Q: 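Have a look at this one before I ask anything.
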Amino acid sequence: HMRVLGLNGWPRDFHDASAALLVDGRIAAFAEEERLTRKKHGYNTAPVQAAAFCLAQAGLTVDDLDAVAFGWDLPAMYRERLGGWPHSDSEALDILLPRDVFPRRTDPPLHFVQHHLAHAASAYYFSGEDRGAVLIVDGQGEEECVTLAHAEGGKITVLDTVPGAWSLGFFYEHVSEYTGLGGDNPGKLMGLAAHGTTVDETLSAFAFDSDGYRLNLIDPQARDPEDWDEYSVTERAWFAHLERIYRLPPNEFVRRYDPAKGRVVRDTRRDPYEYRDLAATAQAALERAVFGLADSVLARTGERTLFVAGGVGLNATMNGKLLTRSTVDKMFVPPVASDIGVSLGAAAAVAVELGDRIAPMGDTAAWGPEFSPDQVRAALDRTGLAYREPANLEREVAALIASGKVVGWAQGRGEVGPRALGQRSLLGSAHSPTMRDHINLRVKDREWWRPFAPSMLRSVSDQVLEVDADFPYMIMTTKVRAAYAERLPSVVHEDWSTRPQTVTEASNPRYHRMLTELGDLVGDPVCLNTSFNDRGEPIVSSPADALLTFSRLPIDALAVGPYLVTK
Ligand SMILES: NC[C@H]1O[C@H](O[C@H]2[C@H](O)[C@@H](O[C@H]3O[C@H](CO)[C@@H](O)[C@H](N)[C@H]3O)[C@H](N)C[C@@H]2N)[C@H](N)C[C@@H]1O
Ligand SMILES: Nc1ncnc2c1ncn2[C@@H]1O[C@H](COP(=O)(O)OP(=O)(O)O)[C@@H](O)[C@H]1O
Ligand SMILES: Nc1ncnc2c1ncn2[C@@H]1O[C@H](COP(=O)(O)OP(=O)(O)O)[C@@H](O)[C@H]1O
Ligand SMILES: [Fe+2]
Ligand SMILES: [K+]
Ligand SMILES: [Mn+2]
């Protein structure tokens, strides 16, 4: 067997710590640090808990590993931006895998994988396609913010890159910050965009061309001498520019004691909804730029299959329009397009180099921890809530959903990536014209303008959606057929878009069975599926997490493992 532990996360200015374990090219385990620590975004940390879980899941120690792989060329970043890489592999391993958690007889081989290559590997090798065009777009790797590459014959060959100062990721983040939604919530900006109108998609900053874009607002070779990426340089340029060209100045954050909460809370001076037009315009600019890049690399490679990864790959709206594009026949974007995925991608790049073949991801992201009935019952008993073990859990949950109840659903291995996919989900009626406001305003406490997304049987997705293909990850939007756009109001957006999950019996028998039962009740085997967490907080992982959230929020029922708890 070849066993490779991929890692992301480092104590110095880092985010999205995660760990993935490949055994013979198959994913044995994969988790995000934030889900285990309950600290959102897994900032500034080696993936200690995620990696400990991976080893425990596979019954392994560090001594059983053929290699440890890290998803950045860290040594090169230290040499370039911080005056040298001070660590021996052994010292680096003591940081990535502290010995108090990871005892070891000796050091496994340590590999650093260039950041965009790791992103690329997480898309290509797990796609089930043997070749295609690679588009990597994020905030910034070691230097570049975009990579165009060719994936073929098991190799990934870089064709071109874009310098960090021209980052589409930084741009989008800075606009997000500017609106008051926050740089850490670009997904909110994506949601806001449909409520607004675009007049000038250049923002007087971008020039567009058939191969991508230009930003004469910033010297493309600008480098921050005081930091190790161009985040701060771009932030200043964008904030100055936006305040100059947009009718509203930056939205400011307000911190004030709230006597009803008994604590200082953070709010915004203006309602971010006010900036909806800027959101629409920023979204259109992003799409325009990426369409160019995508057309370019597809043409240069002679491929019609497109692989996308990097954080900008989380832009499901952009992905859905790329899919629709005349230059694209097939598209694969992994659930872990952000830095969450470079642990997996580093592991894959190394496993391939070591002679393994990588299995397709397979329409599932369920690789985190799962809990047996006994473990769940122990968390249940801890709380002293009454509960049942229904003879047919799936039927009862479907009936609860049909009646307009919101149901927590914590089953099997936790999802990796930012979307709940029927493992750690909050479920509600797709057919209810009030469910959307109820979950936003009452349950998860979100902005009224934020849309929800549906799960549905793959077997009916052709009838429901304007595109007939697998959508296993909720990472692409598409249009709902007019025949259903009115039947499924809670899971449709301002522009008749939806961000669906298609479910196969193979991928998730239980969820599949629940949806089937639901279809017998409401006509369509479709439900609202939002992630099981208070708005803002990390998706719940453990039975105790789920119970804490079930009890803090006005959720009607919780199906956790084989048990059902009702308020
Ligand atoms: N607004 C107040 C906050 O701003 C910053 O955080 C912000 C980070 O600086 C942002 O950037 C981080 O992530 C980006 C990529 O998004 C990396 O390029 C960069 N190295 C890393 O710093 C990240 N994307 C969002 C986060 N809120 C500062 N850490 C201070 C404070 O916590
Ligand atoms: N929905 C979205 N639309 C556009 N950009 C996004 C979206 N979600 C995340 N991003 C971008 O992803 C970038 C971070 O990507 P990632 O590869 O995870 O980190 P890094 O750039 O540090 O390697 C951020 O700049 C953020 O703006
Ligand atoms: N069809 C869609 N079009 C555009 N954006 C969407 C669509 N569906 C969902 N979204 C966005 O996805 C985001 C998912 O929310 P998330 O970050 O998981 O928050 P929470 O913490 O409430 O679970 C929402 O903010 C919403 O804007
Ligand atoms: Fe990245
Ligand atoms: K097409
Ligand atoms: Mn969510």
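By convention here, the first residue in the shown sequence is residue 1. Order of listing sets the numbers, starting from 1, for every ligand and every atom in it. Atoms considered below: every heavy atom in the structure, side chains included; atoms not considered: hydrogens, waters and symmetry mates.
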Q: Report, using the naming of UniProt, the chain with the greatest number of heavy-atom pairs under 4.5 Å to ligand 1.
A: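 Most contacts: nebramycin 5' synthase.
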Q: Trying to figure out the drug at ligand 1 - which of noscapine, vebreltinib, alvimopan, tobramycin would it be?
A: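 Out of the options, tobramycin.
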Q: Quick one: nearest non-hydrogen protein atom to atom 26 (C) of tobramycin, plus distance?
A: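 Result for atom 26 (C) of tobramycin: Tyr43 OH, 4.0 Å.
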Q: Counting both backbone and side chain atoms, is some N or O of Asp184 under 3.5 Å from an N or O of tobramycin?
A: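 Checking tobramycin against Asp184, no N or O pair falls under 3.5 Å apart.
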Q: Yes or no: does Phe253 have any heavy atom under 4.0 Å from an atom of tobramycin?
A: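 False for this residue.
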Q: Heavy atoms of the protein only: does one fall short of 4.0 Å from atom 32 (O) of tobramycin?
A: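 Looking at atom 32 (O) of tobramycin, one finds that no protein heavy atom lies closer than 4.0 Å.
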Q: In terms of atom number and element, which parts of tobramycin are under 4.0 angstrom from non-hydrogen atoms of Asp13?
A: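 So the atoms of tobramycin that pass are 20 (N), 21 (C), 22 (O).
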Q: Starting from atom 24 (N) of tobramycin, locate the nearest protein heavy atom and write down its residue, its atom name and how far away it is, to 0.1 Å.
A: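 That would be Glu173 OE2, 2.7 Å.
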Q: Counting only non-hydrogen atoms of the protein, does one fall under 4.0 Å from atom 3 (C) of tobramycin?
A: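 No, there is none.
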Q: Return the closest protein heavy atom for atom 9 (O) of tobramycin as residue, atom name and distance.
A: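 Result for atom 9 (O) of tobramycin: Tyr231 CE2, 3.7 Å.
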Q: For tobramycin, indicate whether the residue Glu177 contacts it via side chain, backbone, both or neither (heavy-atom separation under 4.0 Å).
A: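 For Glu177, only side-chain atoms sit under 4.0 Å from tobramycin.
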Q: Nearest protein heavy-atom contact for atom 18 (O) of tobramycin: which residue, which atom, what distance?
A: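 Heavy-atom neighbour on the protein nearest atom 18 (O) of tobramycin: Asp229 OD2, 3.0 Å.
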Q: Quick one: does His15 get a heavy atom under 4.0 Å from tobramycin?
A: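 In this structure, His15 qualifies as a contact of tobramycin - some heavy atom is under 4.0 Å.
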Q: Output yes when a protein non-hydrogen atom is found under 4.0 Å of atom 6 (O) of tobramycin, and no otherwise.
A: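 Under the 4.0 Å cut-off, atom 6 (O) of tobramycin has no protein heavy-atom neighbours at all.
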Q: Establish whether atom 28 (C) of tobramycin and some protein heavy atom are separated by less than 4.0 angstrom.
A: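 So atom 28 (C) of tobramycin lacks protein heavy-atom neighbours under 4.0 Å.
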Q: Return yes when at least one protein heavy atom is under 4.0 Å from atom 20 (N) of tobramycin, and no when none is.
A: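 Flag for atom 20 (N) of tobramycin set to true, protein heavy atom closer than 4.0 Å.
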Q: Output yes when a protein non-hydrogen atom is found under 4.0 Å of atom 15 (C) of tobramycin, and no otherwise.
A: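 Yes, there is one.
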